2 protein chains.
Amino acid sequence: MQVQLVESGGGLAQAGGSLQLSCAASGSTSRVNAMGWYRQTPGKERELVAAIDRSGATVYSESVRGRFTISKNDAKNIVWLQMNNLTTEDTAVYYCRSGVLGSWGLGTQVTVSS
Amino acid sequence: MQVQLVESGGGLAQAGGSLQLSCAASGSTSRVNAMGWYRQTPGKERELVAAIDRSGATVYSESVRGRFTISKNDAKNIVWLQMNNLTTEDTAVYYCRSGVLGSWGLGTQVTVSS
Ligand SMILES: CCC(=O)N(c1ccccc1)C1CCN(CCc2ccccc2)CC1
Ligand SMILES: CCC(=O)N(c1ccccc1)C1CCN(CCc2ccccc2)CC1
């Protein structure tokens with residue numbers, strides 16, 4: 001029922017180097033309009049690293065801004081995490097997670113003057 | 001079927017001031033383990049401002065880091081966006097959006113040496 005995800009990439013890198021992770025979705029992909037990467041370093045809580053939605057909007061944790069990039073190939077149903085300028089603080093297990101985001105409401109208008 | 005969201009807050013603020021937005025969920029809330037705030041300034045694409053998942057992990061766009069805080073009351077099924085140190089660049093329509101995030105995989109191990 002849920003979309004099937006296969007996570008690839010990772011292994012060893014040198015400090016200063018780069019790695020690319022990938023996550024391939026298959027099965028019930030039509031409803032999936034969000035994908036995200038988390039990580040967990042030993043002893044610490046799992047944290048959200050990067051996320052992307054179907055429109056291409058992206059968001060990153062402070063700890064990886066500018067160094068990591070999340071991208072997608074919509075037709076292949078694959079998302080990548082490019083990880084640049086690595087340090088030993090990036091050692092962790094990385095998790096790909098799917099999401100189904102809901103409909104748009106009307107929203108609320110915010111006007112800031114002066 | 002989908003969770004019902006009611007967005008509140010917003011209106012006018014002065015530059016330098018603060019506002020708090022809120023979004024109240026009801027109905028099919030049990031499956032909802034992510035909530036997010038987007039915004040759209042006129043003529044620009046809608047962008048992801050802040051998101052939170054059931055574990056409390058949060059993520060922010062670069063443009064609001066440190067000024068905006070997303071929080072939740074799990075028992076009331078309400079999320080808030082506290083917006084501090086506003087500027088005219090924060091004028092926009094703000095949208096609350098729900099999400100259902102998938103199961104955890106085993107992940108991939110990344111080890112950075114030296
Ligand atoms: C942000 C996530 C997202 O929106 N998706 C996604 C999911 C997992 C990994 C990468 C992207 C979509 C899932 C559905 N596919 C449909 C592809 C298609 C369309 C028309 C004909 C044939 C095939 C589009 C991308
Ligand atoms: C990150 C989103 C999230 O995970 N949620 C959420 C959804 C919308 C807005 C705020 C938070 C949960 C939705 C379900 N509620 C159940 C509450 C409950 C539990 C036990 C007995 C009685 C009531 C917990 C919070």
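Lettering of chains follows the sequences in order, A, B, ..., and the numbering in each one begins at 1. Per the header of the entry, the method used was X-ray crystallography, 1.5 Å. Order of listing sets the numbers, starting from 1, for every ligand and every atom in it. These values consider heavy atoms only, across backbone and side chains, with no hydrogens, waters or symmetry-generated copies.
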- Task: Please provide the name that the PDB entry uses for the chief contact partner of ligand 1.
- Result: jgfn4
*Please pick from spectinomycin, fentanyl, reboxetine, baricitinib the compound located at ligand 1.*
fentanyl
task: Report the chain letters of other chains having a non-hydrogen atom under 4.0 Å from fentanyl (ligand 1).
output: A
Does atom 18 (C) of fentanyl (ligand 1) have a protein non-hydrogen atom under 4.0 Å from it? no
Check: Where, taxonomically, does chain A originate according to the PDB?
Finding: Camelidae
Notebook entry, point to check: Looking only at distance, does A/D53 have an N or O less than 3.5 Å from an N or O of fentanyl (ligand 1)?
Noted result: no
Query raised in the report: Which atoms of fentanyl (ligand 1) sit under 4.0 Å from any heavy atom of A/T29?
Result: 13 (C), 14 (C)
Which residue and heavy atom of the protein sit nearest atom 5 (N) of fentanyl (ligand 1), plus the separation:
A/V32 O, 3.4 Å
(message) Looking at atom 3 (C) of fentanyl (ligand 1), tell me if a protein heavy atom falls under 4.0 Å from it.
(response) yes
A/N77, any N or O under 3.5 Å of fentanyl (ligand 1) N or O: yes
List every atom of fentanyl (ligand 1) that sits less than 4.0 Å from any heavy atom of A/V79, numbering the atoms from 1 in the order shown and giving each element. 9 (C), 10 (C)
Note the single closest protein heavy atom to atom 23 (C) of fentanyl (ligand 1), along with its residue, its atom name and the distance in Å. A/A75 O, 4.5 Å
* Which residue owns the protein heavy atom closest to atom 24 (C) of fentanyl (ligand 1), what's the atom, and how far is it? -> A/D74 O, 3.2 Å
With a cut-off of 4.0 Å, which atoms of fentanyl (ligand 1) are near a heavy atom of A/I78? 9 (C), 10 (C)
What is the residue-level binding site of fentanyl (ligand 1) with heavy atoms closer than 4.0 Å? A/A25, A/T29, A/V32, A/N33, A/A34, A/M35, A/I52, A/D53, A/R54, A/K72, A/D74, A/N77, A/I78, A/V79
